[PDB]
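Depicted below, imatinib in association with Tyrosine-protein kinase ABL2.
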Amino acid sequence: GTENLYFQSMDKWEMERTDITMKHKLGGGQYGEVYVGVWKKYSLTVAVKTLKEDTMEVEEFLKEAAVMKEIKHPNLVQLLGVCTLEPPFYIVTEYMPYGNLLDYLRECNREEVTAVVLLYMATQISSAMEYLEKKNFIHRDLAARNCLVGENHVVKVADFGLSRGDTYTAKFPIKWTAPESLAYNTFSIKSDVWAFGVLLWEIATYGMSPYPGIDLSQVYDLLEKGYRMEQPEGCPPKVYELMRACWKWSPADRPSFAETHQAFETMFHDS
Ligand SMILES: Cc1ccc(NC(=O)c2ccc(CN3CCN(C)CC3)cc2)cc1Nc1nccc(-c2cccnc2)n1
Ligand SMILES: Cc1ccc(NC(=O)c2ccc(CN3CCN(C)CC3)cc2)cc1Nc1nccc(-c2cccnc2)n1
């Protein structure tokens, strides 16, 4: 009746493309076809992922829009709307003023990003992932470069979908990838836990490139023999213990994200 009369068509994520004044590409290519825009009615800066008229990735783009409508969490980047009627298609999210977590860690002032802030940042990411685990989703590409930073040290998990340097190779980011995913192409919430461990090492080292002093072609063999990255300088033993638990060889022995989020909470009680 009235609903159908007033909403004849589309869902209440759908927006008119002309609601957004597109400004300039974000990140010089590093996020793909992602632009900063202004959602005019709200004078609100937004990030807009687009897909032009001629590509092979329509289905994946539409599935991404579909997936994002089903998830909502304070530490997952917020969908604001979509344009899916005709190309070029849009997915519009909030804009995160401090950009991606890897670059933030590398470029930040460490008087401000003290130990407590690193813990807060790690805890928030583990909360996003607990929610994904609980809702039966897998991330598949968890890493500092896929997280975003907002005002007040708010961190959110994102997925820029950018398989296509030597981060991704024939396309997997080997250094973040669980053994079972490298050897068998098996991905699960447990392989996300592995990646979270590497992410935590990134946090602990303020954005160092993982496996320093190690050739990429040798990584799987080393992990299999039992090598794991060393405890970073200044890394609390409890944080390293959790890292090492995320890197257990067998996926079943790795903690859940619920357990991981519980561990970070316990570290705020203890110290
Ligand atoms: C989760 C994490 C991971 C790594 C680190 N690392 C550091 O805190 C750290 C310490 C020293 C250095 C070395 N640095 C080299 C250069 N000179 C100038 C300064 C020292 C680097 C990182 C902190 C944390 N944070 C953390 N972990 C557990 C507990 C807490 C915590 C903090 C405050 C209150 N309650 C709990 N905070
Ligand atoms: C504009 C946009 C469009 C889509 C997305 N999508 C996601 O971030 C995302 C997150 C989680 C999922 C969940 N999904 C579950 C299934 N597995 C297989 C994949 C993950 C999907 C998409 C983000 C953005 N946001 C985005 N993208 C790139 C850069 C920025 C950005 C950059 C700098 C400052 N502020 C924002 N912002």
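Here chain A follows the PDB entry, giving residues 269-432, 436-441, 446-546 in order. As the structure lists them, so they are numbered: ligands from 1, and atoms in each ligand from 1. We read in the header that X-ray crystallography, 2.0 Å was used to get this structure. The figures here come from the full heavy-atom set of this structure, side chains too, leaving out hydrogens, waters and symmetry mates.
Tracing imatinib through the model gives ligands 1 and 2. The contact region for imatinib (ligand 1) on chain A lies mostly in UniProt domain Protein kinase. Within the listing of imatinib (ligand 1), atoms 32 (C), 33 (C) sit less than 4.0 angstrom from a heavy atom of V384.
The ligand atoms of imatinib (ligand 1) that sit less than 4.0 angstrom from a heavy atom of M542 are 36 (C). Annotation for imatinib (ligand 1): atoms under 4.0 Å from non-hydrogen atoms of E508 are 12 (C), 21 (C), 22 (C). Restricting to residues UniProt lists as binding ATP in chain A, the heavy-atom distances under 4.0 Å from imatinib (ligand 1) involve none of them.
Against a heavy-atom cut-off of under 4.0 Å, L386 is close to the following atoms of imatinib (ligand 1): 5 (C), 6 (N), 23 (C).
Under the 4.0 angstrom criterion for non-hydrogen atoms, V514 is in contact with imatinib (ligand 1). Imatinib (ligand 1) places these atoms under 4.0 Å from at least one heavy atom of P511: 4 (C), 5 (C), 23 (C), 27 (N). The set of residues with a heavy atom less than 4.0 Å from imatinib (ligand 1) is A383, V384, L386, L387, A479, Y481, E508, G509, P511, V514, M542.
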